[PDB]
Undergrad: 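This is the structure, below, for whatever I ask next.
Order of sequence lines = order of chain letters (A, B, ...). Residue numbering in chain A adheres to the PDB entry, whereby the residues present occupy positions 28-281, 288-496 in order. To match the PDB entry, the residue numbers of chain B are left as they are there, and the shown ones run 28-281, 288-496. Indexing begins at 1, ligand by ligand and atom by atom, following the structure's order. Reckoned from all heavy atoms, side chains included, excluding hydrogens, waters and symmetry mates.
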2 protein chains.
Amino acid sequence: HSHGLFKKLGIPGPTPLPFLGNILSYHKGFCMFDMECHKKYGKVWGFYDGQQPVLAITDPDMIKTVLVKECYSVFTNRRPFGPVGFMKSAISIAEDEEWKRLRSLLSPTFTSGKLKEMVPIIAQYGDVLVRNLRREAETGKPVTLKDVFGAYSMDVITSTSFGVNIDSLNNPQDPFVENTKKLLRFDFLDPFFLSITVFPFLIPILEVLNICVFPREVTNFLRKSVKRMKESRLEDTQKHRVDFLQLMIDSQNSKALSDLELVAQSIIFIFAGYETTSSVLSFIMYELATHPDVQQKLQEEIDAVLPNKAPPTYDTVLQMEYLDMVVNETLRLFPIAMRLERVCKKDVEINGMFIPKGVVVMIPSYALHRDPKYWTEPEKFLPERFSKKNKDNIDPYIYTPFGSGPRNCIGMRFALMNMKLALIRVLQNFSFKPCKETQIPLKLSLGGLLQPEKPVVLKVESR
Amino acid sequence: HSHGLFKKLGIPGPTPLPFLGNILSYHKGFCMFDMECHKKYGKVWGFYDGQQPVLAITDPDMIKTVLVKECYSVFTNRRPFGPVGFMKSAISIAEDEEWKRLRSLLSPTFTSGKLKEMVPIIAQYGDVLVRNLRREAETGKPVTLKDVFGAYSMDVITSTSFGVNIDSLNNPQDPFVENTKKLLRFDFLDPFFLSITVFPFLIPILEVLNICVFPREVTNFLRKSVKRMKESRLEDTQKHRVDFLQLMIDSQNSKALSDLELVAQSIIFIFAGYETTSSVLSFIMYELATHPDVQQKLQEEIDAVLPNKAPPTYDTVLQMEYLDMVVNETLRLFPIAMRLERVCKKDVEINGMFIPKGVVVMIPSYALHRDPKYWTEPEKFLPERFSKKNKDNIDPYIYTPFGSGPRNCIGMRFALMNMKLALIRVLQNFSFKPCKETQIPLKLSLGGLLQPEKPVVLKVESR
Ligand SMILES: CC(C)c1nc(CN(C)C(=O)N[C@H](C(=O)N[C@@H](Cc2ccccc2)C[C@H](O)[C@H](Cc2ccccc2)NC(=O)OCc2cncs2)C(C)C)cs1
Ligand SMILES: CC(C)c1nc(CN(C)C(=O)N[C@H](C(=O)N[C@@H](Cc2ccccc2)C[C@H](O)[C@H](Cc2ccccc2)NC(=O)OCc2cncs2)C(C)C)cs1
Ligand code: HEM
Ligand code: HEM
């Protein structure tokens, strides 16, 4: 029984139960579990996900070692998370040289030049969003911001990546949004995902049964969508710009990117660009609404840089320090990650401490983001933390909302800009106010993914 | 999750953990678990073996109902205990009409007439045992009684059932004993049996992999042993007597008993007649040695009925009240059963209480045997409890060392006599004394089967 390993290495931790490990402790959300474990254990601890030994680490240097120094040699892959099917070839799930080949190929997608060619493309979509909101602005009833941001983010990602205008904004009952949000119902009171975290030995078996954590009732829709919208649809080059679709087409003809492998990456992009982007935007608006001085101070920058509702540009976006601070701050309090993780591929002693092969190393981002060692009054939302005159007191290995090292978020620059353009255009025309149903203080979901327990509703007013 | 059933019926019990149920409580042996649950819960309680709801019952009337009144209609089978292979056809494992057909056929094996024809057959074996013990009597060093009783019991059962003299007594390194004791290594610190009690949904899968809880490295030896010792070995009838082997041969020719089905029953008989018989005999000798007045009072009866070491007979055995009392008493304190169990086949309300389909009903014999409600000073060994003048204060449904109703021990009369003849012949020539390594007070095995934690060693002296 691999359960005696952490006591056998002198590493502290909560007592494992047979078979379950410590999974019962996720009863109050694992973020809480992490915070407790930090308070009580220190720099370093160990616990079990079923039989799977995880090792939490909090030392900055040790974190840098793992994420950056030894990524290529030792800590190269994340943990396998369940029965995955064809999606084994998605970049974020892919391991070692198959991942590195995919990384190398998709790296060029998000260069400042490729990015600045999206500035005008999104610009046209920000106009549609503005208009959508003005419609509810005129009505004056609570908005579920994920709905409006969702379709926005979907329209943005679909056009930037493939060239296709699916027009999600002008479509409430939209198949592309409706299918994509059903993709991961991750939940521990959901008897399925619990059981593969506990019992991952059933994984090999479910693969052979073509069972995915992804409803095939989704992946088939997305498979058919991308199927010939790559093929007979994009043909005569025609208006062909910077689209990752082509970058995967262009590097198929004259190494070698398969067809199902192509669909697989697209799904990663569609999901990231929809769910992640829209969740964060919803989190910032909640903060800006529960903090009006912050919302105003921002609206002032927005007009100070773009004189009286002027159209945003690449260079214009980067200039705005306070807008970057507001985004960074929300991401401090609401990390979509909530844990960074790497599988130990061979044996190592990192900075005077030994990790055996097969162990999962886990950085508890959520916890470290709220640690009194690094953060003054870490509970409070304080954008001023990220000002030019305070960001040196910030440790680059305690604050990583995008991960770090060679496996960090490939989408960082895209999402930052995409989110900011959305914000600018929105605050440039509207102000946001608390509602009667607005969950204050907002509690997070007890289960898996970082989401509100109650969906975010707020009042919208034009200026 | 079937875990809310017992609170949903208003039936008390220890709080189930997800997946595990209450199995963690078997940490101190389930007998202890039962006693606690009795003390604290009362007449009736519920707990979970994994997802499997067990219901413990202690009411005499309710017990009689289950074992006797509703056996045929409702409580007909025991629980499936793991991957079983060809042994699915063994009588004790067999369900419903397939079991009833087998019962009906093997019932006649143990009639007083069939039994009295074994009296002279065992008589010859008791002579060999006596001699074996006299050899260690002359040496004067601690005896492991299971060794001597084992070979005795093996010789008895093999000759009575098949007609074959395998001569286990005159053979230390005997394949028949050495293979048979490896048949069930039942244990909870044994990671295998634990996991199928918890996770019996893996059973269907292991069957298809020809995995038995019985080492095939045993069943193949026993399969080949019985294989042609039935066939070309027993041919010209020749000396053919009362042997169950023939009773299964005789009712194959001119319903219909298969060949692998034949081997299956034999294994049940060989095991019962070896392990059960020899364990009890070891338990009585421990009691008789830790209680010399009891050993003497018995030796007096033995000679009072059989004048100066006379040869025992059927009728002679039955007469001896005190010998029956000593056997009954040891069986009160050391039930080889330790729980009686039945699967609820359809819905029922037994005496004003409702049981849903699929629930296991369990009588906690070990516990009830040591209950102050029925037994004075139940901890103490007191044969006098079973005297003609006290046995009315004994409830036939609290004391069932052989089970009750149509599924009770088919071997009851055989084992009683076989054990008694062994005892008579032994005490008729020897006295038994505590040793320096004799575990006092003797503790039972924490795990599954009723066995000593330490093997029983005692000193033997001739008279
Ligand atoms: C006990 C343990 C298994 C648990 N972890 C969590 C939450 N945490 C911390 C995770 O790392 N959860 C994992 C995850 O999403 N890993 C991801 C890397 C990551 C980690 C944290 C934050 C951002 C990206 C890596 C996986 O390949 C996922 C799986 C996936 C694929 C398609 C659609 C949805 C999801 N693919 C992603 O690339 O998601 C798209 C994203 C892009 N950018 C941010 S998310 C999986 C186990 C779900 C809940 S339970
Ligand atoms: C949680 C639960 C599953 C557990 N129970 C126990 C102990 N108790 C109480 C049992 O009932 N244990 C069960 C058992 O042996 N059942 C038995 C009926 C019984 C019950 C109690 C006392 C005497 C006979 C019924 C099963 O068919 C066994 C299995 C077997 C087959 C060949 C060789 C060895 C074993 N077959 C028997 O007929 O054993 C031979 C015997 C004949 N007479 C007494 S034992 C199995 C689950 C092992 C440990 S863990
Ligand atoms: C605010 C929005 C986003 C946040 C906070 C975010 C955050 C992260 C984080 C924390 C990781 C894991 C890094 C690590 O383990 O070290 C990650 C991985 C990744 N993200 Fe994002 N992300 C966002 C948006 C996007 C977008 C828009 C895309 C592209 C469509 C994207 C694509 C990816 C990919 C492909 C990976 C896997 C990297 C690899 O394994 O090579 N993300 N993201
Ligand atoms: C002291 C010795 C023995 C004891 C205490 C004993 C006890 C028991 C008990 C308690 C049961 C279960 C009854 C129930 O669930 O109600 C049982 C079943 C059984 N015993 Fe025994 N037994 C002994 C010896 C033997 C012998 C020698 C044989 C035959 C070789 C035998 C054959 C069986 C069989 C076949 C069953 C299953 C009955 C059925 O399902 O039809 N036992 N025994």
Undergrad: So what's the drug over at ligand 2?
TA: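 At ligand 2, it's ritonavir.
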Undergrad: Which protein or nucleic acid chain has the most heavy atoms near ritonavir (ligand 2), under its name in UniProt?
TA: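 By most contacts, it's Cytochrome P450 3A4.
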Undergrad: Using a heavy-atom cut-off of 4.0 Å, list the other chains contacting ritonavir (ligand 2).
TA: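 Counting heavy atoms only, the chains are B.
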Undergrad: What source species is given for chain B in the PDB entry?
TA: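 Per the PDB entry, it is Homo sapiens.
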Undergrad: What would you say the binding site of ritonavir (ligand 2) is, if we count heavy atoms under 4.0 Å?
TA: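 Using heavy atoms under 4.0 Å, it comprises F57(B), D76(B), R105(B), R106(B), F108(B), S119(B), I120(B), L210(B), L211(B), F213(B), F215(B), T224(B), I301(B), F304(B), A305(B), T309(B), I369(B), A370(B), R372(B).
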